[PDB]
> 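This is the structure I want to talk about, given as structure tokens.
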Amino acid sequence: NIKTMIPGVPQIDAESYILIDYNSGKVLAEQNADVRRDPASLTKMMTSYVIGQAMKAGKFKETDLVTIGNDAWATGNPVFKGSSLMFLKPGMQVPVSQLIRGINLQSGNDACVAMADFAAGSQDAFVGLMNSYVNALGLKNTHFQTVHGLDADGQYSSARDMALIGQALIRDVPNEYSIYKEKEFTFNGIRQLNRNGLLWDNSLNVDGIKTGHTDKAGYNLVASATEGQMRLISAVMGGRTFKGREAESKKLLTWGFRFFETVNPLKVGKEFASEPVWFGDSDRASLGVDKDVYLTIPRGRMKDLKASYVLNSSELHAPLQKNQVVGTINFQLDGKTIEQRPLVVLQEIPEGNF
Ligand SMILES: *C(=O)[C@H](NC(=O)c1c(-c2ccccc2Cl)noc1C)[C@@H]1N[C@@H](C(=O)O)C(C)(C)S1
């Protein structure tokens, strides 16, 4: 009863949310997680991903100077009215390091344009990259039209999709993600605070990601926090009150850490099982996984976890290719399969040569 309890989810004062484990991908809690909503400033998480991907690929460096053009002139474009801005002016020569901090820390809309032109030649081309990454990540309820998150009529995303963009940032572009925890940066003599207030919350280790508000979106937050071996991502969209701003997301994260833990029962290349092989240069196949196994389970239940396996075929016949799928690993709690992973050949077995 204690051992098999399903914990109640706290009431969250928002249109939609999701809570996921970063490593396992497991959804711990959700409500209206696939409803299409105005992303507001959360759009900039994708802007930052594209930039992070360009930098990973070596297209430019943080020390590189970007010359500011007219479309990134903050007080030259009334579209930027009442919005977060670096106050760039044409002709300024600003290091990439400073513009990506303008975007990540400050949500500078002008810095988004500046980087979009620098990275991709035009804002349309850059939005095209954002949308190509939407497809590659397999996001089903997301579409961008703008580089900064301006309520543009046909852009949308979802709590699920925004958490997934969060996970992609941490996983694919860790050097870009490491910027999000920085509490401040200085530009043009002026000190600028990271807008993510949760970074200052002593009770959690929040290191990301992005807050947002436009008048169609409500209050929006994608947060990520760690506690030991465990990283959670929350996405809360259409938060109703100014006071629930960080509080509602904190509720989900603290609940997640209290009731769940992440286990890593198996790593790539390590033997889980061995099976006889026929016609081979060796007599036995070493079997395991081609991707690290992470599971999210109820907290405490780690020592109750059982693993077993099944095989696709009665017999293993060489040649066996490395990472050839030959079965399925079952992870179980209380005698019930909770998670499955493909069982694969770890070391190639070509046909015998004598
Ligand atoms: C993101 O949602 C908010 N940033 C804005 O700039 C903003 C816009 C906007 C206008 C032009 C281009 C893009 C955008 Cl998103 N329209 O309204 C706003 C407020 C930033 N997030 C909020 C917040 O979290 O409360 C601010 C710090 C006020 S600015």
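Positions are given from 1 along the sequence. Ligands are counted one by one from 1 in listed order, and the atoms in each one are counted from 1 as well. Atom set for the values below is all heavy atoms of this structure, side chains included, hydrogens, waters and symmetry mates excluded.
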> Name the drug or drug candidate found at ligand 1.
cloxacillin (bound form)
> Which macromolecule is the chief neighbour of cloxacillin (bound form) by contact count, per the PDB entry?
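Chief contact partner: D-alanyl-D-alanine carboxypeptidase dacA.
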> Of all the atoms in cloxacillin (bound form), which lie at a distance below 4.0 Å from a heavy atom belonging to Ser84?
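So the atoms of cloxacillin (bound form) that pass are 5 (C), 6 (O), 29 (S).
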> Tell me, which protein residue and heavy-atom name are nearest atom 6 (O) of cloxacillin (bound form), and how many Å apart are they?
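So the nearest neighbour among protein heavy atoms is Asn109 ND2, 2.4 Å.
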> Scan the protein's non-hydrogen atoms and note whether one is under 4.0 Å from atom 26 (C) of cloxacillin (bound form).
no
> Considering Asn77, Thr211, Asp38, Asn220, which one's heavy-atom position lies nearest to atom 24 (O) of cloxacillin (bound form)?
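Residue with the shortest heavy-atom distance to the ligand atom: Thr211.
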> Is a covalent adduct between cloxacillin (bound form) and a chain modeled, and at which residue and atom?
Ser41 OG
> Consider every N or O of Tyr219 and every N or O of cloxacillin (bound form), then say whether any pair is closer than 3.5 Å.
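No; every N/O pair is 3.5 Å or more apart.
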> Does cloxacillin (bound form) have a heavy atom under 4.0 Å from the side chain of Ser83, from its backbone, from both, or from neither?
both
> Provide the organism of origin for chain A from the PDB annotation.
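The PDB lists Escherichia coli.
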> Can you tell me which residues in chain A that UniProt annotates as binding substrate end up with a heavy atom closer than 4.0 Å to cloxacillin (bound form)?
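The UniProt substrate-binding residues passing the heavy-atom test: none.
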> Determine whether the side chain, the backbone, both or neither of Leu150 has a heavy atom under 4.0 Å from any heavy atom of cloxacillin (bound form).
both
> As a check for students: among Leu42, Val147, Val113, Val79, identify the option with a heavy atom nearest to atom 11 (C) of cloxacillin (bound form).
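Closest candidate by heavy-atom distance is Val79.
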> Closest UniProt active-site residue of chain A to cloxacillin (bound form), and its minimal non-hydrogen distance to 1 Å?
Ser41, 1 Å
> Taking heavy atoms and a cut-off of 4.0 Å, what residues surround cloxacillin (bound form)?
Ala40, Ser41, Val79, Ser83, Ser84, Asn109, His148, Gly149, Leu150, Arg195, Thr211, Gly212, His213, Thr214
